[PDB]
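Report on the following structure.
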Amino acid sequence: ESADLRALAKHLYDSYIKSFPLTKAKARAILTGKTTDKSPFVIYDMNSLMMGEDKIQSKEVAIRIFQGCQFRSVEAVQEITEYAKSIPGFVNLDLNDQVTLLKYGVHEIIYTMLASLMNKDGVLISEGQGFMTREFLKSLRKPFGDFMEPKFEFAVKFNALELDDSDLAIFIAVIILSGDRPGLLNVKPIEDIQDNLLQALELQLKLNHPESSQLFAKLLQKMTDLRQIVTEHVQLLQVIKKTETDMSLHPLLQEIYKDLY
Amino acid sequence: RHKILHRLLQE
Ligand SMILES: CCCc1nc2c(C)cc(-c3nc4ccccc4n3C)cc2n1Cc1ccc(-c2ccccc2C(=O)O)cc1
């Protein structure tokens, strides 16, 4: 029934609130001027970056930023793994399939949720403590200065769909249970969970956005634009890995990127 | 092999 699908939707929503401390609702409070705690410290050039590091050496700026992204990617994988484990039926899957789904899903989810922390002018960092302008990220020396630009461009169009947290929670579940990841051993029970999640998603969108026609369809088209961000991103990272003194890639991220599309 | 991933999965 509709009701079983409502109940799945709510269950994913609560576990998303538990798993992810900075929700899209809070990011949007922060960014709009609403909320009544302090405005984020903004980082727009080298000097502001430096002063931001005492409010929020040895190495070059583009590399400091790179390595900061790694720290937050690592924690994001962790949060996403915990959310995955609350998706009904996920932990009954072959463990090797759980790993494959995370390995390919995590980046797609990361860039979906990054869009929550973004506007056309920059991005929240350190959990809403800071705001790092897009210009400044764009201004970094090659190849570092175009690392983020494709995330921003995706974010601006994705953000126009005006999804909320309750929507996003089912969307990210759907992405995680994609039956076409390379090397999956047993596709069937993954497509059966995903079938149920997609039905949950479609109900959710009709209920939550009754005025937004074909939002389900528009949102399916995004699950495959994400694919492109991911492949471009892996390509640019293979380049950095080749051309930069100390790759220094966190070993969680090395597990994820090894033998990846 | 994916050692970290396996440990975060079973927990
Ligand atoms: C798929 C596994 C996740 C992952 N691994 C990454 C590595 C190794 C580097 C960079 C990166 N971004 C860069 C941007 C510029 C220069 C170098 C950069 N580098 C190396 C980004 C990475 N991401 C996703 C990501 C993307 C963006 C962010 C992010 C980016 C900017 C600000 C905040 C965040 C964030 O999500 O905290 C966070 C996470």
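The sequence lines are lettered as chains in the order written, beginning with A. All residue numbers given for chain A refer to the PDB entry; the residues shown span 207-262, 273-477 in order. By the PDB entry numbering, chain B shows 629-639, in order. What's counted below: heavy atoms across the whole structure, side chains too, no hydrogens, waters or symmetry copies. Indexing begins at 1, ligand by ligand and atom by atom, following the structure's order.
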Requested in this report: Give the name, out of milbemycin oxime, naquotinib, telmisartan, ketoconazole, of the drug at ligand 1.
Outcome: telmisartan
**Report entry** Top contact chain of telmisartan - most pairs under 4.5 Å, the PDB entry
**Finding:** Peroxisome proliferator-activated receptor gamma
Report task. Return the chain letters whose heavy atoms come under 4.0 Å from telmisartan, other chains only. Result -> A
Report task. Would you indicate which of A/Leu469, A/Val450, A/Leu330 comes nearest to atom 28 (C) of telmisartan when only heavy atoms are counted? Result -> A/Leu330
Requested in this report: Have a look at telmisartan and work out which part of A/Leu333, if any, has a heavy atom under 4.0 Å from it: side chain, backbone, both or neither.
Outcome: neither
**Report entry** Closest protein heavy atom (residue, atom, distance) for atom 38 (C) of telmisartan
**Finding:** A/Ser289 OG, 4.0 Å
Requested in this report: With heavy atoms under 4.0 Å as the rule, classify the contact between A/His466 and telmisartan as side chain, backbone, both or neither.
Outcome: neither
Query raised in the report: By UniProt annotation, which domain of chain A has the most residues touching telmisartan?
Result: NR LBD
Query - Minimum-distance protein heavy atom relative to atom 12 (N) of telmisartan - result: A/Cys285 SG, 3.3 Å
Report task. Give the atoms of telmisartan, by number and element, whose distance to some non-hydrogen atom of A/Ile341 is under 4.0 Å. Result -> 32 (C), 33 (C)
Report task. Return only the organism name the entry records for chain A. Result -> Homo sapiens
Query raised in the report: Taking both backbone and side-chain atoms of A/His323, is any N or O found less than 3.5 Å from an N or O belonging to telmisartan?
Result: no
Query raised in the report: Where on A/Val446 is there a heavy atom closer than 4.0 Å to telmisartan, on the side chain, on the backbone, on both, or on neither?
Result: neither
Query raised in the report: Any N/O of A/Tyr473 closer than 3.5 Å to an N/O of telmisartan?
Result: yes
Requested in this report: Indicate, as side chain, backbone, both or neither, the part of A/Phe363 found under 4.0 angstrom from telmisartan when only non-hydrogen atoms are considered.
Outcome: side chain
